[PDB]
*Asks:* 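Okay, here's the structure I mentioned, the one with sorbinil.
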Amino acid sequence: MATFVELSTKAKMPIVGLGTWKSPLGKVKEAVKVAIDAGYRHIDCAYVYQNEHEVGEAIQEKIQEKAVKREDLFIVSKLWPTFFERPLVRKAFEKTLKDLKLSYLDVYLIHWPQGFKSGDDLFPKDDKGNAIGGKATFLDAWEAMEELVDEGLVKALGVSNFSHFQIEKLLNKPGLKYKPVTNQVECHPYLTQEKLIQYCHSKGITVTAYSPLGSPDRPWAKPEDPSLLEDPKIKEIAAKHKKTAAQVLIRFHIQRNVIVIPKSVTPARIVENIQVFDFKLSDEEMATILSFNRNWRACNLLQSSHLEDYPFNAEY
Ligand SMILES: NC(=O)c1ccc[n+]([C@@H]2O[C@H](COP(=O)([O-])OP(=O)(O)OC[C@H]3O[C@@H](n4cnc5c(N)ncnc54)[C@H](OP(=O)(O)O)[C@@H]3O)[C@@H](O)[C@H]2O)c1
Ligand SMILES: O=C1NC(=O)[C@@]2(CCOc3ccc(F)cc32)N1
């Protein structure tokens, strides 16, 4: 039902997907069921979201009830940076694929470029709260991930929260077998990513926009923070088209050929978020929205800003 962005592999990635970060156990299964019924085919998942098993339950049931075929679903997951060491890449992936109850993933992403210390903690810190870096790097991780593609377990690899310098480092890696098909990064009218998007597309790499609604449910939201959903200029453009702000925020990416993955566990909103192929933002409206860029990140991960491959010190 969503249109598709063509990947460098010629696979078709549905341009709208369901986000699952912060979707609680006990709600996410129904959210995915509702989404599939509404015509979503792309679901965005991650090991670190700690809810992939419920996502897997929903997909499995919808497939068995013949609501959807596996071939028409596009499931993305991510390798968390505590798992960059070779045996850990496979073990992390295997837990993800098992939880999701799939025989293959459509895309597996490096979740963040900066490595974290391996062990039991997802967010390893020292006695000052600073992230502890790891031994293996994302280049090491990538090599282990390429094996998954060779074995038919993953159709395509991608990256997330990478700057152009880091994509360069990957594309230049000696013996590189597979190129990233997407870079999943924060993107919305307050962080328009013009240079990064330009760079990615010029390398034949798609962009997946995360937190497109401004992630209002992120734990660290402060009342004074920018709030896209409440932005009167966005709402004004919405009103013109008799749509909601969320729908304009989602449509914005579609018109830049950028994949977008709004999260909701509210059934009415899940449905609302995909009613975005029946209107069109004018050229003037796109330019106005583009002009709202504030270089504001809802997802900064400042706790890890000291690590070698922290991505957000670069200009883009
Ligand atoms: N790669 C990464 O590092 C990374 C980082 C962040 C996010 N992501 C991915 O991107 C997805 C989306 O980003 P996000 O979860 O940060 O936030 P988001 O999708 O920008 O916003 C989610 C919030 O918006 C609300 N909402 C959804 N639809 C709405 C609507 N139509 N009207 C009003 N409110 C609405 C949701 O409430 P309800 O759910 O209560 O309806 C939820 O609180 C994530 O879930 C995750 O899959 C990836
Ligand atoms: O979808 C997300 N991927 C992430 O790395 C992030 C952004 C930064 O904050 C956190 C914290 C916990 C978590 F599970 C996830 C996250 N949200």
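Here the PDB entry sets the residue numbers for chain A, with the shown residues being 1-316 in order. Computed over heavy atoms, backbone and side chain alike; hydrogens, waters and symmetry mates excluded. Remember, it's 1-based here, ligands and their atoms both numbered in the order they're listed. Recorded method is X-ray crystallography, 1.9 Å.
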*Asks:* For sorbinil, what are all the matching ligand numbers or chain letters?
*Replies:* ligand 2
*Asks:* Which polymer chain has more close contacts with sorbinil than any other, using its name in the PDB entry?
*Replies:* Aldo-keto reductase family 1 member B10
*Asks:* What residues sit within 4.0 Å of sorbinil, counting only heavy atoms?
*Replies:* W21, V48, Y49, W80, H111, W112, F123, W220, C299, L301
*Asks:* For atom 11 (C) of sorbinil, find the nearest protein heavy atom and state the residue, atom name and distance (0.1 Å precision).
*Replies:* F123 CZ, 3.7 Å
*Asks:* Regarding sorbinil, does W220 bring an N or O atom to under 3.5 Å of one of the ligand's N or O atoms?
*Replies:*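 No; the residue has no nitrogen or oxygen that sits under 3.5 Å from a nitrogen or oxygen of the ligand.
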*Asks:* Looking at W80, which atoms of sorbinil are within less than 4.0 Å of one of its heavy atoms?
*Replies:*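 Per the distance check, 5 (O).
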*Asks:* Provide, to 0.1 Å, the distance between atom 8 (C) of sorbinil and the closest protein heavy atom, together with that atom's residue and name.
*Replies:* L301 CD1, 3.6 Å
*Asks:* Hey, which of the UniProt active-site residues in chain A is closest to sorbinil? Heavy-atom distance to 1 Å would be great too.
*Replies:*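 The UniProt active-site residue closest by heavy-atom distance comes out as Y49, 2 Å.
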*Asks:* Considering only heavy atoms, which residues of chain A annotated by UniProt as substrate-binding lie under 4.0 Å from sorbinil?
*Replies:*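 Heavy-atom check against UniProt gives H111.
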*Asks:* Give the residue, atom name and distance (to 0.1 Å) of the protein heavy atom nearest atom 1 (O) of sorbinil.
*Replies:* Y49 OH, 2.4 Å
*Asks:* I'm comparing sorbinil with the natural ligand. Which residues that UniProt lists as binding NADP(+) in chain A have a heavy atom under 4.0 Å from the drug?
*Replies:* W21
